[PDB]
Amino acid sequence: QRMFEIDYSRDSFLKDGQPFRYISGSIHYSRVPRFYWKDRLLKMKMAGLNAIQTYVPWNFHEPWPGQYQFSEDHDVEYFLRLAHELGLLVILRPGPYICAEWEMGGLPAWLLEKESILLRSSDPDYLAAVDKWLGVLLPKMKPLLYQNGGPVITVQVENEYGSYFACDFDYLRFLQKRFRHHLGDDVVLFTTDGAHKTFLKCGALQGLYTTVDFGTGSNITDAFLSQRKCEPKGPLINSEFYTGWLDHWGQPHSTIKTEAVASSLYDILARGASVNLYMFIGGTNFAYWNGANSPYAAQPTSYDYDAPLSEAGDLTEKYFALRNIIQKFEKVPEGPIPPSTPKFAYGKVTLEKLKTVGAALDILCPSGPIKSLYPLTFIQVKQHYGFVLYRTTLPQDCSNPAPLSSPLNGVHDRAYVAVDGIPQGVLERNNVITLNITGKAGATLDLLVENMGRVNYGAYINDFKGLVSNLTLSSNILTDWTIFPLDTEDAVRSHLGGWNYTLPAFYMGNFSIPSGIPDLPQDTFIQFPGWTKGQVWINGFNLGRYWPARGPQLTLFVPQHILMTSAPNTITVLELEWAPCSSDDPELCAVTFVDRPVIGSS
Amino acid sequence: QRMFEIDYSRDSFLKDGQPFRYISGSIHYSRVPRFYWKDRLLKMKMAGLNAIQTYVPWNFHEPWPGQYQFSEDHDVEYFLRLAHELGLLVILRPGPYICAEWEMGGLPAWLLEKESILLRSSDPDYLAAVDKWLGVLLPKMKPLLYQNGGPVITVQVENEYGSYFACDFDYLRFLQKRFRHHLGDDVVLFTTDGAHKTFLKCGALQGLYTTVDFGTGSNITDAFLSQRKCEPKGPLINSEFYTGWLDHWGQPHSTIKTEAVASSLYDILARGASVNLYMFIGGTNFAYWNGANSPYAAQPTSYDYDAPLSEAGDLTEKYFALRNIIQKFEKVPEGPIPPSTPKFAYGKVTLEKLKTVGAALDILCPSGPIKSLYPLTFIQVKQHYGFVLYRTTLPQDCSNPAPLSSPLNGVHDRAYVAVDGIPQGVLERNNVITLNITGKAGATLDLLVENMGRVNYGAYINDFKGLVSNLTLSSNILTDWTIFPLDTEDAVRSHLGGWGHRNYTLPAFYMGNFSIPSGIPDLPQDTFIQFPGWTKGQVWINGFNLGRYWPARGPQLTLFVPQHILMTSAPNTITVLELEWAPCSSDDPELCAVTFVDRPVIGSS
Ligand SMILES: *[C@@H]1O[C@H](CO)[C@@H](O)[C@H](O)[C@H]1NC(C)=O
Ligand SMILES: *[C@@H]1O[C@H](CO)[C@@H](O)[C@H](O)[C@H]1NC(C)=O
Ligand SMILES: *[C@@H]1O[C@H](CO)[C@@H](O)[C@H](O)[C@H]1NC(C)=O
Ligand SMILES: *[C@@H]1O[C@H](CO)[C@@H](O)[C@H](O)[C@H]1NC(C)=O
Ligand SMILES: *[C@@H]1O[C@H](CO)[C@@H](O)[C@H](O)[C@H]1NC(C)=O
Ligand SMILES: *[C@@H]1O[C@H](CO)[C@@H](O)[C@H](O)[C@H]1NC(C)=O
Ligand SMILES: *[C@@H]1O[C@H](CO)[C@@H](O)[C@H](O)[C@H]1NC(C)=O
Ligand SMILES: *[C@@H]1O[C@H](CO)[C@@H](O)[C@H](O)[C@H]1NC(C)=O
Ligand SMILES: OC[C@H]1NC[C@H](O)[C@@H](O)[C@H]1O
Ligand SMILES: OC[C@H]1NC[C@H](O)[C@@H](O)[C@H]1O
Ligand SMILES: [Cl-]
Ligand SMILES: [Cl-]
């Protein structure tokens with residue numbers, strides 16, 4: 001009964017034998033609480049989109065081999081059925097690598113247990129893992145295919161493989177074969193690459209429909225000409241038409257002008273091309289889900305993207321402008337659009353020190369440390385995200401400053417250094433590979449190492465994290481390590497079992513919200529004036545990383561559904577560098593909730 | 001164990017042996033949906049108020065003798081417990097007459113079944129009915145008294161009795177006896193009157209503590225001197241310090257400057273006086289609950305009052321200004337204040353005519369009409385609120401226009417007139433007592449008569465409603481009437497029977513539906529409904545009577561729609577009963593419509 005195909009005669013899609021063109025927007029279900037899925041999708045539908053496009057992050061669903069997460073916020077099948085309910089078609093991008101400014105481009109860190117693994121290639125062990133994953137994911141997606149009564153109209157294989165150095169065509173052919181095994185012979189499979197022959201060379205494959213991506217800076221004729229070299233016939237497709245851009249900590253917030261996005265969108269649509277707006281809503285990298293680029297620069301917690309729907313789902317002037325463009329081509333749904341959420345400034349909330357990381361090792365590492373002659377990586381100690389403590393003893397007297405160094409630039413990505421509980425400062429990947437330290441002979445040398453996000457693009461996606469090479473003190477290699485993987489998420493859930501720099505430490509405070517008020521709790525934004533760099537949880541939910549010292553993001557988005565009115569709300573901060581809490585003024589040791597985000601600070 | 005008393009020695013109250021003075025604000029639970037009680041009460045607490053003051057409208061709780069309403073939106077006991085739970089004290093004002101720009105000052109219309117009754121007096125039938133009511137209400141209030149562990153610290157007896165002509169001191173003593181009987185000998189009982197000896201003369205009583213009321217235009221020293229003449233010792237008290245004022249249809253919206261309320265408040269508090277701010281939130285006269293003044297002028301649906309909290313509960317500049325003054329005397333609660341609710345513009349919703357009133361008679365009057373030689377009042381036909389259809393036959397040919405008159409000005413308060421389904425215009429209390437009509441001999445003459453609100457103040461609170469005197473056609477008395485009391489609320493809730501029972505246009509019901517999506521955390525939201533092109537009538541959403549609209553007069557153009565009556569997925573049904581002229585005749589279906597907006601317009605030109 002139901003069919004979706006490429007017709008090579010009208011340079012078109014045919015949906016149930018009818019000319020069809022898609023106008024789609026990207027929304028990542030892993031970047032929006034499920035509480036808000038229907039809000040965002042309905043806002044997208046009201047804009048005149050007839051489809052949405054989404055990535056399936058493998059590492060979001062398979063945190064350990066054979067251990068799966070498909071419930072609640074991880075319920076991709078529900079997310080797709082919801083889109084379908086709303087009258088939206090779906091362009092599925094299941095990877096296995098997705099890029100996406102996301103931790104290791106969606107690839108599970110446990111792949112790195114084979115240290116020599118060649119990711120995104122025909123490496124047999126990489127293929128065997130991919131095959132197992134596809135064996136779990138694709139039979140789920142099969143009933144959601146259009147032909148079987150679901151919303152999924154096309155499926156991307158890999159993601160910009162043409163940008164990767166490997167150029168392993170047998171890898172692409174394997175994915176093609178495995179996608180066909182699980183999904184059948186009708187589903188439209190495609191690939192996406194930059195709009196240039198240099199990208200298309202290694203990214204395009206026979207039997208996979210070749211599509212391009214490009215933003216407002218690209219000559220649209222030339223871009224589609226490049227697609228046409230690969231596909232003389234069939235629909236013109238821009239799979240990621242950029243509505244904005246990504247950010248890095250320390251760099252100015254990226255924006256793209258509404259007039260530019262509207263102008264290019266109209267041009268693309270007028271050509272009869274199918275198009276997807278990347279991103280339509282960007283949302284948030286909660287917890288440790290952000291990625292990074294090479295040379296090492298991490299993307300922030302916010303994935304606002306300057307998208308037409310803001311981080312918290314707000315209707316922007318860009319939203320209305322693009323809706324007006326769509327309305328020139330298609331009738332858009334009638335009625336009022338769901339509103340931007342109300343925001344509430346809960347105001348100042350004082351915190352008090354709970355414990356330093358150093359004093360909390362029983363709770364953070366209840367299994368005990370691992371001893372090693374030389375340092376081990378995050379992967380080797382079986383921890384993928386967050387923080388690992390490296391401990392040794394000083395082999396000599398350091399009454400005069402002595403150089404602590406990582407000659408091979410092997411602090412991945414940042415270390416907070418202490419000696420006998422006295423903070424010495426910070427080592428940084430690519431920036432600070434030496435720090436002068438002092439302490440007595442036999443003093444305890446501690447390095448709290450942060451994985452700031454695995455690189456998600458380029459050759460260096462095999463990003464282990466930790467002390468990945470030796471440390472030297474006064475030119476001598478430091479040996480005899482006591483390494484504590486840190487169970488930060490459990491420890492914060494239990495209030496740490498108690499159910500110029502400062503030592504890394506947890507600070508906690510409470511605030512109440514009245515019950516029986518129809519419009520509370522509301523969404524809010526948490527700000528950290530006087531703090532420096534760390535992690536924040538509210539009611540045990542890890543909202544991400546703050547870094548007001550570096551910017552551009554100052555505030556973090558707090559969705560209302562994690563806030564309660566039946567018992568006090570808890571806020572826990574792990575501050576890594578300097579806390580405003582040693583002063584005699586307790587009101588300084590405090591966070592503030594405001595009703596407007598600040599993501600573009602100078 | 002717990003104690004609350006007047007300390008006469010030290011011109012003070014004592015709460016548990018400790019000096020105390022109250023800073024209170026009026027909230028009428030009968031004018032706020034219960035869905036929002038905690039919201040309003042918490043904002044009031046956050047303003048620095050340590051008590052609230054409220055009226056108990058008798059008619060709101062006893063629609064017929066022996067039939068009582070104390071549940072859901074009528075749950076006074078719950079409201080008072082909620083206030084207590086928030087740490088607020090309560091000054092209770094149970095009447096039995098409350099004035100309050102409320103229908104008949106709170107008195108039940110069925111009191112008028114005795115035509116010659118003298119309300120607010122020792123009239124035995126009035127007292128008998130008052131006694132029965134107090135014996136139901138006051139035992140419910142007893143456990144909520146401060147000394148029994150509840151919030152209620154003082155209780156008003158009557159309401160500005162000194163403004164009433166009767167000056168019946170037996171009546172005041174009778175109330176005092178009965179309040180003491182039910183509530184006990186410790187409760188502080190007090191009266192409130194205008195701050196002048198001419199008012200205090202008939203309002204004050206030995207044994208009831210005399211308080212005064214006054215707003216920003218009064219000299220504070222003089223006002224409190226007038227109290228002190230009556231109460232040389234004890235706390236100074238302003239029981240109604242006006243934050244704004246009431247409206248009438250056709251008059252500009254009343255406002256009082258923030259700076260004036262703020263300055264007077266500072267001066268009252270600086271004297272050590274206890275004070276209640278009337279109103280703190282005004283809210284809404286939903287359904288037919290509004291009052292009227294004499295000479296006949298009805299107050300509108302909105303009771304915004306220009307209060308510090310707006311009709312929809314919004315934090316205004318006035319709110320923050322008054323909080324700032326209170327902060328100069330007391331510590332005000334810490335923490336952020338619950339916000340103004342979000343408002344949402346659902347937009348235009350088309351309606352279409354369902355049925356005229358004349359066509360819906362079977363559903364509106366399922367028990368059939370009452371026949372009478374001369375017209376009967378609302379009270380006589382056992383209808384208190386809303387609309388009654390009076391029908392007769394023309395005794396003469398009126399091919400040439402013939403004058404239909406109420407010679408004694410007895411259309412109370414408005415009549416929409418039709419002859420054989422042709423609208424003839426409007427008869428109006430005071431303003432138009434004659435209307436020329438045409439029709440053949442034997443043609444059906446209909447007058448749909450609306451009760452626009454029983455006068456709530458003055459001598460003329462015995463306001464019967466309907467045709468209260470004869471009609472004349474060409475000077476001859478019209479006889480042989482068929483009178484249909486109309487169950488509009490029942491009929492609207494059954495979609496004029498469609499859902500079963502589990503220049504002028506004819507008065508008619510117009511209906512339309514709109515949907516709100518489900519699964520959206522922030523929908524439904526509060527809204528405001530506007531009626532462009534409409535004239536005068538009544539409005540319901542999902543069977544809830546939102547009140548009266550009259551964009552033809554103003555100043556209120558929009559009506560407040562609380563979000564809890566709106567539903568998701570299932571269509572919301574809007575019913576408009578238009579009385580005079582609907583924008584629905586033309587080939588433009590788009591004109592027959594209402595519009596939901598996100599800002600109130602209650603102060604338009
Ligand atoms: C894009 O390139 C084509 C040639 O391929 C040229 O004709 C055109 O001027 C360019 N368009 C724009 C907007 O620069
Ligand atoms: C550390 O101290 C030594 C000797 O004072 C000095 O030469 C060097 O520049 C310092 N190095 C760093 C990395 O601060
Ligand atoms: C550290 O140094 C030792 C001795 O040179 C060497 O065996 C080892 O490869 C190094 N380990 C790391 C993790 O760099
Ligand atoms: C905060 O609340 C938690 C649980 O929500 C409670 O156990 C604790 O006693 C409170 N602590 C403080 C410092 O307010
Ligand atoms: C109010 O009246 C008193 C005398 O009773 C007088 O002293 C004062 O001037 C008056 N106040 C104002 C503001 O006129
Ligand atoms: C009624 O009609 C008469 C003509 O017979 C005219 O004198 C009079 O003004 C009209 N009355 C009204 C109320 O319009
Ligand atoms: C109407 O007129 C008759 C005859 O004069 C009179 O007896 C009766 O009381 C009047 N009724 C009303 C309701 O005015
Ligand atoms: C409005 O909705 C109700 C319930 O679905 C239905 O009975 C009524 O017929 C509806 N009217 C229209 C015009 O849809
Ligand atoms: O936002 C930039 C963008 N580049 C192209 C990739 O395919 C996307 O996942 C992404 O990382
Ligand atoms: O709003 C005016 C105010 N007047 C005095 C009365 O006591 C109140 O009920 C009231 O009507
Ligand atoms: Cl996507
Ligand atoms: Cl009151």
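In the text below, chain A, chain B and the rest are named by the order of the sequence lines, each starting its count at 1. Whatever order the structure lists them in is the order used to number ligands and atoms, beginning at 1.
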What drug or investigational compound is present at ligand 10?
-> 1-deoxygalactonojirimycin
Bound partner of 1-deoxygalactonojirimycin (ligand 10), most contacts, as in the PDB entry | Beta-galactosidase
Return the other chains, by letter, having a non-hydrogen atom closer than 4.0 Å to 1-deoxygalactonojirimycin (ligand 10).
-> B
Name the residues that contact 1-deoxygalactonojirimycin (ligand 10) at heavy-atom distances below 4.0 Å.
-> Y55(B), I98(B), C99(B), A100(B), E101(B), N159(B), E160(B), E240(B), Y242(B), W245(B), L246(B), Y278(B), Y303(B), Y305(B)
Filter the residues UniProt lists as binding substrate in chain B to those having a heavy atom under 4.0 Å from 1-deoxygalactonojirimycin (ligand 10).
-> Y55(B), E101(B), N159(B), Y305(B)
Just distances here: any N/O of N159(B) and N/O of 1-deoxygalactonojirimycin (ligand 10) closer than 3.5 Å?
-> yes
Please determine if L246(B) has a nitrogen or oxygen closer than 3.5 Å to a nitrogen or oxygen of 1-deoxygalactonojirimycin (ligand 10).
-> no
Interfacing atoms of 1-deoxygalactonojirimycin (ligand 10) (cut-off 4.0 Å, heavy-atom, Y303(B)) = 1 (O)
Residue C99(B) vicinity, atoms of 1-deoxygalactonojirimycin (ligand 10) by number, heavy atom under 4.0 Å | 9 (O), 11 (O)
Extract the source organism of chain B from the PDB entry.
-> Homo sapiens
Nearest UniProt active-site residue in chain B to 1-deoxygalactonojirimycin (ligand 10), and its heavy-atom distance to 1 Å?
-> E240(B), 3 Å
Numbering the atoms of 1-deoxygalactonojirimycin (ligand 10) from 1, which are under 4.0 Å from a heavy atom of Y305(B)?
-> 1 (O), 2 (C)
Check whether any N or O atom of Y55(B), backbone or side chain, sits under 3.5 Å from an N or O atom of 1-deoxygalactonojirimycin (ligand 10), and answer yes or no.
-> yes
Nearest to atom 7 (O) of 1-deoxygalactonojirimycin (ligand 10), what protein heavy atom do you find, and at what distance?
-> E240(B) OE2, 2.6 Å
Going by the order shown, which atoms of 1-deoxygalactonojirimycin (ligand 10) are within less than 4.0 Å of some heavy atom of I98(B)?
-> 9 (O)
Distance to 0.1 Å, residue and atom name: give those for the protein heavy atom nearest to atom 11 (O) of 1-deoxygalactonojirimycin (ligand 10).
-> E101(B) OE2, 2.5 Å
When you check 1-deoxygalactonojirimycin (ligand 10) against the protein, what N or O pairs turn up below 3.5 Å? List the atom names and distances, or just say none.
from	atom 1	to	atom 2	distance (Å)
1-deoxygalactonojirimycin (ligand 10)	1 (O)	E101(B)	OE1	2.6
1-deoxygalactonojirimycin (ligand 10)	1 (O)	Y305(B)	OH	2.6
1-deoxygalactonojirimycin (ligand 10)	7 (O)	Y55(B)	OH	3.3
1-deoxygalactonojirimycin (ligand 10)	7 (O)	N159(B)	ND2	2.9
1-deoxygalactonojirimycin (ligand 10)	7 (O)	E240(B)	OE1	3.2
1-deoxygalactonojirimycin (ligand 10)	7 (O)	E240(B)	OE2	2.6
1-deoxygalactonojirimycin (ligand 10)	9 (O)	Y55(B)	OH	2.8
1-deoxygalactonojirimycin (ligand 10)	9 (O)	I98(B)	O	3.2
1-deoxygalactonojirimycin (ligand 10)	9 (O)	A100(B)	N	2.8
1-deoxygalactonojirimycin (ligand 10)	11 (O)	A100(B)	N	3.4
1-deoxygalactonojirimycin (ligand 10)	11 (O)	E101(B)	OE1	3.4
1-deoxygalactonojirimycin (ligand 10)	11 (O)	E101(B)	OE2	2.5

